[PDB]
S.K.: 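Shown below is the structure under consideration.
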Number of protein chains: 2
Amino acid sequence: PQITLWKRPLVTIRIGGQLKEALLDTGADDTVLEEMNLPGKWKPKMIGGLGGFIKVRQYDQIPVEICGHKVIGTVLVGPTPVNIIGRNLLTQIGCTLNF
Amino acid sequence: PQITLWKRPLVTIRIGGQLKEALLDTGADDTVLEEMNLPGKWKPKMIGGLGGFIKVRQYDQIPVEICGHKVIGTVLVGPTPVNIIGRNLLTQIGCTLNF
Ligand SMILES: COC(=O)N[C@H](C(=O)N[C@@H](Cc1ccccc1)[C@@H](O)CN(Cc1ccc(-c2ccccn2)cc1)NC(=O)[C@@H](NC(=O)OC)C(C)(C)C)C(C)(C)C
């Protein structure tokens, strides 16, 4: 859909049959989700915004469902205040910014 | 434009004769610029990124130009790595997320 920015662009995502609320974020290189167990090998990583960096676990080739759109790619898991769909996944659903 | 997210959505902003590079950021409630002097009164705010909070100075009714779109609103100044155009000014240019 075409979506407004008068409110935060929160959408429902599906991961491992977990239902979660996540932010569509054009200012995020990566996708970062709050703490959750995902199966498989992961590598340690740090990511940062304002305020400093956080340590996360990097899971590759994770399926996610974003508003009826089934993508698979890299998911970071760690102490993020909120679930964040960054450009790696936004790209996979043909999401653009428009004005 | 219809901006793909295959790269970071970096654009030119003009603020008081200063040209700057800034990131179109749907994950940001607020617009946050790196350290600069701005005219007028200001209030301290605290804003929260991924790593925690920073203190900024809030300037109200600051004219800003985004891709030659003339906009006026709240601009926060402080220790950000990158000039961030948040939703307060993205809504002013009629910006939507499309997928
Ligand atoms: C290359 O680095 C990045 O891309 N960093 C990303 C990042 O932090 N992006 C920032 C912008 C940014 C880019 C590059 C360097 C530094 C910062 C934002 O897109 C997402 N970010 C991360 C973030 C987003 C939301 C929230 C949040 C908190 C409480 C409730 C809802 N959301 C917290 C952190 N948002 C905020 O930090 C904003 N915060 C905000 O809008 O808070 C209400 C600010 C900006 C206004 C402070 C991620 C770690 C998410 C991948």
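So you know, we letter chains A, B, ... as the sequences are listed, proteins then strands, and number each from 1. We count ligands from 1, going down the list as the structure has it; atoms in each ligand are counted the same way. Side chains are part of it too, since the values below use all heavy atoms of this structure and drop only hydrogens, waters and symmetry mates.
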S.K.: Find the chain in most contact with ligand 1 and give its name from the PDB entry.
M.R.: Protease
S.K.: I'm looking at ligand 1, any idea what drug that is?
M.R.: atazanavir
S.K.: Going by heavy atoms only, which other chains approach atazanavir to less than 4.0 Å?
M.R.: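 The other chains with a heavy atom that near are A, B.
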S.K.: Applying a heavy-atom cut-off of 4.0 Å, say which part of B:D29 lies close to atazanavir: side chain, backbone, both or neither.
M.R.: both
S.K.: So which bit of A:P81 gets within less than 4.0 Å of atazanavir, heavy atoms only: side chain, backbone, both or neither?
M.R.: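 The part of A:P81 near atazanavir is the side chain, not the backbone.
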S.K.: Could you tell me the residue and atom name of the protein heavy atom closest to atom 13 (C) of atazanavir, and the distance to it rounded to 0.1 Å?
M.R.: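 For atom 13 (C) of atazanavir, the nearest protein heavy atom is A:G27 O, 3.6 Å.
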S.K.: If you measure from atom 23 (C) of atazanavir to every heavy atom of A:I84, B:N88, B:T80, which option wins on shortest distance?
M.R.: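 Heavy atom nearest to atom 23 (C) of atazanavir belongs to A:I84.
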S.K.: Can you walk me through which residues contact atazanavir using 4.0 Å for heavy atoms?
M.R.: A:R8, A:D25, A:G27, A:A28, A:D29, A:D30, A:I47, A:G48, A:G49, A:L50, A:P81, A:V82, A:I84, B:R8, B:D25, B:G27, B:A28, B:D29, B:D30, B:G48, B:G49, B:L50, B:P81, B:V82, B:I84
